[PDB]
> 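Shown below is the structure under consideration.
Numbers here simply count residues along the sequence, with the first being 1. Excluded from the calculations below are hydrogen atoms, water molecules and symmetry mates; all remaining heavy atoms, backbone and side chain alike, are included. Read the numbers this way: they start at 1 and go in the same order the structure lists the ligands and their atoms.
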Amino acid sequence: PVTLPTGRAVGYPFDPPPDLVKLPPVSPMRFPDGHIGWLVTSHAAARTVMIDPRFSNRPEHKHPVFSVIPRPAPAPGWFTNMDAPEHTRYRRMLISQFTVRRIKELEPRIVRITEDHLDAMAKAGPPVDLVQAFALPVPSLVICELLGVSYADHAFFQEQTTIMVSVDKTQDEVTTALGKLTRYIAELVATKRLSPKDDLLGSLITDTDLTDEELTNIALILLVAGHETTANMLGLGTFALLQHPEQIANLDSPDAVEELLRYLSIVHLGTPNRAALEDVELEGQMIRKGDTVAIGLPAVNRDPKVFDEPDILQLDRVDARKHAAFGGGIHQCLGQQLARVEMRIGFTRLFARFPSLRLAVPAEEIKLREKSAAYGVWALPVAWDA
Ligand code: HEM
Ligand SMILES: CC[C@H](C)C(=O)O[C@H]1CCC=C2C=C[C@H](C)[C@H](CC[C@@H]3C[C@@H](O)CC(=O)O3)[C@H]21
């Protein structure tokens with residue numbers, strides 16, 4: 001049984017850990033609590049774990065990949081960790097708000113937010129840390145506007161959300177962060193009950209019978225995911241593009257954002273993971289009832305059975321959309337259309353405004369989020385011809 005692989009090679013910051021990609025498709029894995037379950041690296045096996053009803057996401061059934069659990073049986077509205085049919089009730093309500101119209105109507109504000117941060121970079125002049133100047137705040141402001149949350153408290157949010165998604169923090173640190181967020185959002189929900197708005201949280205209040213508790217947990221989940229996904233793509237994607245400069249000319253390819261998603265696979269440590277409810281055969285192996293199965297997405301997204309030249313970033317490839325960067329099945333990313341728009345706008349406008357963008361330090365000095373559940377760069381010093 002192996003331990004979940006963890007170390008990226010020096011000089012190969014975008015590629016999965018060597019100890020992950022060396023593995024067979026389905027391997028025995030030792031969990032922190034002694035459970036011997038499984039780690040899956042092939043795309044076909046990952047697909048089955050993500051879509052097959054014999055697998056559960058309930059914490060009662062799962063041995064944790066990481067000991068420290070950021071969660072409040074799942075509390076009402078904490079839909080991430082539920083199975084169908086309880087999950088279905090919340091999922092459906094949220095699909096009915098992540099609509100075509102809501103995202104269409106948001107796009108001009110995402111354009112303005114992005115352009116404003118680019119203007120601020122131009123005023124500052126080079127160098128800047130792209131993480132603080134652009135990658136963090138643009139999607140932070142977008143998610144705040146989506147939810148009706150005040151961006152004036154973003155520094156507070158960002159600090160708590162980083163704890164929430166860490167794999168490096170104590171149970172007390174994570175319980176503390178969750179508490180500070182819960183209390184903050186609970187009050188916001190109480191306020192919004194009195195004064196209708198058309199943002200996503202205000203629409204959930206108007207259109208559904210969700211309780212204040214349910215609304216608070218939904219909002220907390222969305223607020224965390226909005227602060228810890230897109231920002232990491234913008235930062236690590238920019239780094240990848242600077243390191244593969246011939247791909248910049250391919251940024252308008254229709255599937256370019258999809259290729260960055262596949263290549264970088266920021267949900268990088270043993271997620272999704274699921275418990276077998278019955279015995280299940282996968283690749284060589286017999287998964288037993290009660291076994292937890294973790295997926296190594298980064299390896300899944302480099303499967304040579306699925307992708308041409310899998311270890312090359314190629315924004316104009318024809319097979320990017322087989323990637324599993326957003327998961328699959330009933331828990332597949334709820335925010336994927338929003339994230340897609342934010343990324344397209346973010347990357348295109350950054351390089352259109354600063355075509356001479358370059359790293360302001362050696363590549364080897366960029367520090368990476370190896371100890372977060374969402375992979376990315378902690379900082380990205382950049383410069384350009386002013
Ligand atoms: C930017 C890139 C993003 C990536 C790579 C990403 C990735 C993922 C993945 C892999 C999952 C599945 C987890 C699992 O099955 O265990 C997931 C679920 C989810 N994501 Fe995203 N995500 C991104 C952006 C976002 C954004 C912007 C939001 C906005 C709220 C969001 C909200 C969610 C939600 C709520 C779930 C849980 C769905 C459920 O359990 O029904 N994601 N995402
Ligand atoms: C709990 C945070 C949030 C509500 C959530 O579930 O986000 C989930 C679902 C929505 C988006 C996510 C983006 C990044 C990471 C993978 C998180 C899950 C993070 C947790 C952190 C620790 O508990 C260790 C575990 O490996 O992954 C994921």
> From compactin, carmegliptin, veralipride, doripenem, tedizolid, can you tell which is the drug at ligand 2?
compactin
> Considering all protein heavy atoms, does one lie under 4.0 Å from atom 28 (C) of compactin?
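Neighbour list for atom 28 (C) of compactin is empty of protein heavy atoms (cut-off 4.0 Å).
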> Is there a covalent bond from compactin to the polymer, and if so, to which residue and atom?
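The covalent anchor is absent.
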> One residue to check: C333. Relative to compactin, which of side chain, backbone, both or neither has a non-hydrogen atom less than 4.0 Å away?
neither
> Closer than 4.0 Å to some heavy atom of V165 - which atoms of compactin meet that?
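Near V165, the atoms of compactin are 21 (C).
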> Is compactin under 4.0 Å from a heavy atom in the side chain of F79, in the backbone, in both, or in neither?
neither
> Who gets closest to atom 2 (C) of compactin by heavy atom: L181, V224, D168?
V224
> Under 4.0 Å from a heavy atom of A373: give me the atoms of compactin that qualify, with their elements.
15 (C), 16 (C), 19 (C), 27 (O)
> Just jot down the compactin atoms closer than 4.0 angstrom to any heavy atom of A225, in number order.
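Contacts of compactin toward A225, numbered from 1: 10 (C), 11 (C).
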> Run the numbers for me: atoms of compactin, each under 4.0 Å from some heavy atom of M164, listed by number.
21 (C)
> Among all protein heavy atoms, pick the one closest to atom 14 (C) of compactin and tell me residue, atom and distance.
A374 CB, 4.2 Å
> For atom 1 (C) of compactin, which protein heavy atom lies nearest, and how many Å away is it?
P70 O, 3.4 Å
> Does compactin have any atom that is closer than 4.0 Å to a heavy atom of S166?
yes
> For atom 9 (C) of compactin, what's the nearest protein heavy-atom neighbour? Residue, atom name and distance, please.
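For this ligand atom, the closest protein heavy atom is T80 CG2, 4.5 Å.
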> Going by the order shown, which atoms of compactin are within less than 4.0 Å of some heavy atom of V68?
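It comes down to these atoms of compactin: 23 (O).
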> Under the 4.0 Å line, does any protein heavy atom show up next to atom 12 (C) of compactin?
no
> Any atom of compactin sitting under 4.0 Å from a heavy atom of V167?
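In this structure, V167 qualifies as a contact of compactin - some heavy atom is under 4.0 Å.
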> Could you tell me the residue and atom name of the protein heavy atom closest to atom 25 (C) of compactin, and the distance to it rounded to 0.1 Å?
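Ranking protein heavy atoms by distance from atom 25 (C) of compactin, first comes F66 CD1, 4.2 Å.
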> Strictly less than 4.0 Å: does any protein heavy-atom distance to atom 18 (C) of compactin fall in that range?
no
> Within the structure, does at least one protein heavy atom fall under 4.0 Å of atom 21 (C) of compactin?
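Yes, because at least one protein heavy atom sits under 4.0 Å from atom 21 (C) of compactin.
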> Could you tell me whether atom 7 (O) of compactin has at least one protein heavy atom nearer than 4.0 Å?
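Protein heavy atoms within 4.0 Å of atom 7 (O) of compactin - there are none.
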> I need the residues around compactin for my notes - heavy atoms within 4.0 Å, please.
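Within 4.0 Å (heavy atoms), the residues are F66, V68, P70, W78, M164, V165, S166, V167, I221, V224, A225, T229, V267, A373.
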